[PDB]
Q: 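Questions regarding the structure given below will be posed in turn.
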Amino acid sequence: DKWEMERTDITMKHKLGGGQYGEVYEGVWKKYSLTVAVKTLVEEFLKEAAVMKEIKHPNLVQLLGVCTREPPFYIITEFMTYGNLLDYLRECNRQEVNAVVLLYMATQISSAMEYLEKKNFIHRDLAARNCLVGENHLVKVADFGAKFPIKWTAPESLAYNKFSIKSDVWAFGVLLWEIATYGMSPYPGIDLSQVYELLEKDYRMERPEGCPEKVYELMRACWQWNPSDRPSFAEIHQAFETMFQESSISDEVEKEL
Amino acid sequence: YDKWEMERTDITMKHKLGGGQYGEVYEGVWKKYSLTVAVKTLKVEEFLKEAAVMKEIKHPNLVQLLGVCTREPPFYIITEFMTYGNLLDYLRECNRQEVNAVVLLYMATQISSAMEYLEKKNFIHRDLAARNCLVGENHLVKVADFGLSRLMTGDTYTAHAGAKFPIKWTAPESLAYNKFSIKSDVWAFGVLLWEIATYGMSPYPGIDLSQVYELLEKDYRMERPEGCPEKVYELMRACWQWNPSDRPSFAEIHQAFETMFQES
Ligand SMILES: Cc1ccc(NC(=O)c2ccc(CN3CCN(C)CC3)cc2)cc1Nc1nccc(-c2cccnc2)n1
Ligand SMILES: Cc1ccc(NC(=O)c2ccc(CN3CCN(C)CC3)cc2)cc1Nc1nccc(-c2cccnc2)n1
Ligand SMILES: CC(=O)NC1=NN(c2ccc(Cl)c(Cl)c2)CC1
Ligand SMILES: CC(=O)NC1=NN(c2ccc(Cl)c(Cl)c2)CC1
């Protein structure tokens with residue numbers, strides 16, 4: 001189909017970010033001299049390729065082409081010039097990447113998730129390490145990959161192996177906490193083998209330093225024990241666009257002073 | 001239909017805002033931009049007079065009209081939604097180490113900037129108070145007018161001159177001769193300043209409404225509240241000059257806050 005391209009069109013450079021993403025390489029799509037990202041390799045691979053042709057949205061990593069006729073196989077996406085969000089936040093300049101920016105990043109991510117909610121997709125591994133940063137603080141959600149990230153995992157997935165858009169809502173709340181702490185690890189110091197029983201007894205992380213009340217209110221809503229008591233991503237996204245607009249106006253008033 | 005008219009199906013109506021706190025105002029969604037909005041509904045000339053007034057007011061610190069639905073009943077007036085609600089309850093509930101002196105200065109500055117605009121456009125507010133302001137993310141403050149004398153029960157509004165007045169916000173010339181002007185808004189702003197410095201205490205605490213007029217005419221004024229800076233208290237007092245023409249203009253008040261805010 002339209003997405004198939006010759007492996008010759010791509011100059012495969014070297015493996016991306018010290019291989020921390022696995023078999024994903026920096027590449028050059030030669031006809032356009034365009035730096036791209038290339039996943040190489042089995043039927044899960046083709047399933048991923050099949051899914052990525054079905055999703056398009058400003059804040060989801062954009063598929064550019066595939067190579068699926070003979071090995072080795074390629075999934076080709078855009079290259080995001082600032083890398084993954086967790087490392088960005090951990091190394092950023094906090095006076096440039098300030099509260100208006102942090103809010104902008106959460107708004108974009110909730111936008112991607114509302115889109116996946118709308119098309120009935122589930123993410124299953126939402127976290128800062130799975131998001132990418134471009135120019136102008138553009139953020140796009142991606143998915144790089146008995147092995148959980150327990151600290152991002154909703155109670156019904158720990159206990160019953162049930163995943164849903166609502167367990168992505170749970171993980172979105174933890175991602176908010178990652179943003180608010182510029183990429184600290186959640187539940188600081190807490191034995192991850194006791195997290196399930198702590199959650200069952202209504203333990204949650206306290207508001208991190210500097211986090212706005214309403215953002216923390218949304219985190220706590222994301223962390224409701226019942227999946228059905230959690231907000232939809234449409235509700236979360238609406239709350240963030242409304243906040244982001246208020247914050248942008250306040251930012252301009254402040255500059256004008 | 002003019003340029004503000006919007007199709008009803010552009011809005012998802014969700015539920016009464018504050019559950020009826022504000023009367024026939026609903027929380028809604030402007031779907032195409034994923035924005036929460038406030039929607040005022042007619043359960044008529046006065047309704048459309050309000051919409052017409054708001055079509056002339058565009059300022060960062062005033063509530064912004066987004067559209068109206070006037071093709072068939074029920075009629076809608078649509079504005080933005082402010083995440084943190086009204087300023088009075090916000091001040092009463094906030095975390096004071098987060099909402100500190102510089103944020104209070106910032107909120108007063110934004111409110112004075114909105115009133116300077118109303119002054120320049122020759123509008124009068126007539127009911128300026130913390131309960132009529134809204135707070136948004138990143139300490140945004142916007143001035144609104146909810147028509148609260150109709151909705152609010154309690155001692156805030158009391159009968160006077162065949163009307164309802166917030167006595168403790170009302171300038172003397174308005175209490176006495178029912179005369180309202182931008183200078184009686186300047187009086188109310190001084191009281192609003194005192195609401196801010198006290199994180200939302202009721203003005204003239206412990207003094208009965210029956211006493212307020214006589215006290216003000218005999219030159220009583222509220223004391224500087226604990227922690228309020230002296231130059232901010234000086235502005236309050238200038239706002240509470242007995243003769244309306246001795247009160248400062250909102251242009252002057254905003255300039256004074258501008259200067260203060262950048263020295264901090
Ligand atoms: C090279 C590649 C191959 C495949 C993918 N795929 C995805 O990112 C993805 C996102 C969402 C889904 C949707 N899916 C639906 C169902 N559930 C279960 C899972 C998610 C699937 C794949 C991305 C990439 N891009 C990628 N990968 C790793 C690193 C980088 C990268 C690193 C640094 C700078 N720029 C880019 N870029
Ligand atoms: C939905 C609506 C419809 C109309 C209005 N109108 C005004 O706010 C207003 C402000 C200034 C004037 C100027 N006017 C000029 C002269 N006269 C004398 C008085 C003032 C007129 C109307 C607001 C709203 N918004 C509104 N109403 C109630 C509650 C809320 C609300 C509550 C919580 C969070 N966010 C929003 N929001
Ligand atoms: C160290 C520090 O002060 N962090 C604070 N986090 N803020 C924040 C703003 C918007 C969002 Cl969405 C989130 Cl999650 C957090 C503001 C500043
Ligand atoms: C309880 C308490 O300490 N209140 C004080 N109010 N201050 C204040 C600063 C600027 C302005 Cl414009 C205003 Cl109105 C008040 C600072 C702190």
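Below, chains carry the letters A, B, ... as their sequence lines are ordered, and counting in each starts from 1. Atom set for the values below is all heavy atoms of this structure, side chains included, hydrogens, waters and symmetry mates excluded. Each ligand, and each atom within it, is numbered from 1 in the order the structure gives.
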Q: What is the drug at ligand 1: fostamatinib, amprenavir, pemafibrate, imatinib, pemigatinib?
A: imatinib
Q: List the chief contact partner of imatinib (ligand 1) in this entry, with the name from the PDB entry.
A: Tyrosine-protein kinase ABL1
Q: Find all other chains that place a heavy atom under 4.0 Å from imatinib (ligand 1).
A: A
Q: Counting non-hydrogen protein atoms only, what is the nearest one to atom 37 (N) of imatinib (ligand 1)? Give residue, atom name and distance.
A: A:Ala37 CB, 3.7 Å
Q: Extract the source organism of chain A from the PDB entry.
A: Homo sapiens
Q: Is any N or O atom of A:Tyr21, backbone or side chain, closer than 3.5 Å to an N or O atom of imatinib (ligand 1)?
A: no
Q: Record the part of A:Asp143 in heavy-atom contact with imatinib (ligand 1) below 4.0 Å; permitted values are side chain, backbone, both and neither.
A: both
Q: Tell me the contacting part of A:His123 for imatinib (ligand 1): side chain, backbone, both, or neither, using a 4.0 Å heavy-atom threshold, strictly below.
A: backbone
Q: When you measure from atom 26 (C) of imatinib (ligand 1) to each heavy atom in A:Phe144, A:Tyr25, A:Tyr82, which option holds the nearest one?
A: A:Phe144
Q: Tell me whether A:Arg124 has any N or O atom under 3.5 angstrom from an N or O of imatinib (ligand 1).
A: no
Q: Considering only protein heavy atoms, which is closest to atom 14 (N) of imatinib (ligand 1), and at what distance to one decimal place?
A: A:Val51 CG1, 3.9 Å
Q: Tell me: protein heavy atom nearest atom 5 (C) of imatinib (ligand 1), and distance?
A: A:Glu48 OE2, 3.4 Å
Q: Give yes or no for whether the N/O distance cutoff of 3.5 Å, strictly under, is met between A:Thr77 and imatinib (ligand 1).
A: yes
Q: For imatinib (ligand 1), what is the UniProt domain of chain A harbouring most contacting residues?
A: Protein kinase
Q: Which of the numbered atoms in imatinib (ligand 1) are below 4.0 angstrom from a heavy atom of A:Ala142?
A: 8 (O), 10 (C)
Q: Judging by distance only, is a nitrogen or oxygen of A:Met80 under 3.5 angstrom from one on imatinib (ligand 1)?
A: yes
Q: Just heavy atoms, cut-off under 4.0 Å: does A:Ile122 contact imatinib (ligand 1) by side chain, backbone, both, or neither?
A: backbone
